[PDB]
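Down below is the structure, laid out as structure tokens.
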Amino acid sequence: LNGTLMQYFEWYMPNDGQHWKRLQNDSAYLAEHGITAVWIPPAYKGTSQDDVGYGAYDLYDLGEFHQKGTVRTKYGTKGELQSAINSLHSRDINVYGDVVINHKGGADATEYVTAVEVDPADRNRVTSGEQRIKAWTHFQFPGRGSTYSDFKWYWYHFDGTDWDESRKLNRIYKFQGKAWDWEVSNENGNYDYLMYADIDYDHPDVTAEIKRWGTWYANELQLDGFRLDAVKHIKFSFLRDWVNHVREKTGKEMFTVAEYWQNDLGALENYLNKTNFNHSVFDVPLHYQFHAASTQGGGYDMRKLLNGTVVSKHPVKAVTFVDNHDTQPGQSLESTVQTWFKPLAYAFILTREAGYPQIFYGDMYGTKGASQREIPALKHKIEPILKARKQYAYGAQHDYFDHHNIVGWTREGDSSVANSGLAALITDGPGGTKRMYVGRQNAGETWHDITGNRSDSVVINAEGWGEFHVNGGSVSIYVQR
Ligand SMILES: C[C@H]1O[C@H](O[C@H]2[C@H](O)[C@@H](O)[C@@H](O[C@H]3[C@H](O)[C@@H](O)[C@@H](O)O[C@@H]3CO)O[C@@H]2CO)[C@H](O)[C@@H](O)[C@@H]1N[C@H]1C=C(CO)[C@@H](O)[C@H](O)[C@H]1O
Ligand SMILES: C[C@H]1O[C@H](O[C@H]2[C@H](O)[C@@H](O)[C@@H](O[C@H]3[C@H](O)[C@@H](O)[C@@H](O)O[C@@H]3CO)O[C@@H]2CO)[C@H](O)[C@@H](O)[C@@H]1N[C@H]1C=C(CO)[C@@H](O)[C@H](O)[C@H]1O
Ligand SMILES: [Ca+2]
Ligand SMILES: [Ca+2]
Ligand code: NA
Ligand code: NA
């Protein structure tokens, strides 16, 4: 009954073309552990075979055409992906496709383009006269031809680029007659430009094409929803319209979550307001609180976890998470939740009633970067918490955020899920005890810590209270034996 997402990739997975097959093979395990949706990495051809998927060369090449030195994407072929999806669907696991429509990388050829430089800290400020540059803006798709779409891209479908091939130079170039799109993040004056060739969402052929591709992509992979990439950099009204368009065409709900990367609830609320609340956002501020708590050695005030997050104010529109492919060690938003704290963060997202929680592949199975700082596989510590969510985290919640270190919450259980109910404690410092109310309806039950961190049993008194224990820097989640 509780819904649980999984981001089914991390940055450093090996480029062996076996990921879709792995996902197919993991579908029974995922279903068994209560995963109800997976967010899959971008499924279309990037700038090379080892592209993680954000390069976005050809949105109509799902590992089907020999383009960029490969047929398969990093993850495998279209057919392998489709077989993975049909296995996931056979166990009622929904699939959300990653949508990378800010830009296009790896153009087939350059074009001579008139441009001006802009200031990278203030892209509204022009910093050169007009100059002739050689931009990677011509997309012909020679391996695909016109199969599925005859649409070709040229410089006038884009607002700019970050590379002039003639002078061999990295700056932000805005093309002649173009304007940065609005509304976008006001960071750096206007944050339309991010990388590669930036798509011009003022162009009516582009808006039409991307909407049409959206429907095609949904059909081709039988997607149940979307993860929207880089939404700070894409006209907000367009994103709103695109989501509405695909929903209208498919006739499906198409649950959507956007990645608006800002550690600021106000900025996220503005984005939600400008997209009419028609989709969810990742709870970026909550991720940063977990990171802060995990790095402050008990000095963090754990009461802070209740405030300043998307889940605290718009729980229906929050997708909560601990880490992702950008926050993992070595990556561009590095702010990793330290190993010791990571199960406590998972208890917070998985066993509390607010938010749509997401588990990270890198946390479950470890990350495969080349450092000695990789996330170890924490499957075995996360599994009991997943089970707590699947079987026990139902009914009315009571919060006990009344201490700098030891905080907890309870769930009374619901008569629709037999034996449901839980009492969770986490602490970023010394352990201890807390008396918490779990419901008079649970009076006399004997509860035990599903994580196995504590071996003691707790008998719920006549008044519906138990005395629950937690170890130092630990988590305990008590449920009925
Ligand atoms: C990879 C990521 O890049 C972009 O994110 C940038 C943020 O927009 C900036 O605001 C800034 O973030 C800082 C925070 O504002 C601040 O709270 C601070 O504590 O640290 C943050 C890191 O400096 O810098 C970010 C990094 O440039 C972009 O907005 C975001 O969407 C990007 N993530 C996705 C996009 C792409 C491109 O398709 C992929 O490379 C990623 O894997 C995606 O997940
Ligand atoms: C999985 C589900 O997550 C989202 O909905 C959940 C909210 O995020 C939670 O906060 C909670 O909502 C309650 C509020 O916390 C509370 O303040 C009060 O307003 O009552 C709310 C309703 O009880 O619980 C919600 C789940 O009931 C998200 O909005 C929703 O779209 C998500 N559902 C999709 C997911 C799956 C599979 O994972 C599909 O089966 C569904 O069809 C999708 O709709
Ligand atoms: Ca853009
Ligand atoms: Ca524009
Ligand atoms: Na643009
Ligand atoms: Na603390």
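Note that chain A carries the PDB entry numbering, so the residues on display, from first to last, are 3-483. For this deposited structure, the header notes the method as X-ray crystallography, 1.9 Å. Atoms within a ligand are numbered from 1 in the order they appear, just like the ligands themselves. Below, all heavy atoms of this structure are taken into account, side chains as well, without hydrogens, waters or symmetry copies.
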Name of drug found at ligand 1: acarbose
Chief macromolecule bound to acarbose (ligand 1) (the PDB entry): Amylase
Covalent site of acarbose (ligand 1): none
Flag: protein heavy atom within less than 4.0 Å of atom 16 (C) of acarbose (ligand 1): no
Entry-listed organism of chain A: Bacillus licheniformis
Atom 14 (C) of acarbose (ligand 1) - nearest protein heavy atom and its distance: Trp263 CD1, 4.4 Å
Protein contact for atom 41 (C) of acarbose (ligand 1) (heavy atom, distance under 4.0 Å): yes
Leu335, portion touching acarbose (ligand 1) at heavy-atom distance under 4.0 Å: side chain
Contact check, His105 vs acarbose (ligand 1), heavy-atom distance below 4.0 Å: yes
Acarbose (ligand 1) binding site, heavy-atom cut-off 4.0 Å: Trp13, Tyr56, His105, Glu189, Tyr193, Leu196, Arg229, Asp231, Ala232, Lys234, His235, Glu261, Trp263, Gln264, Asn265, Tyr290, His327, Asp328, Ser334, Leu335
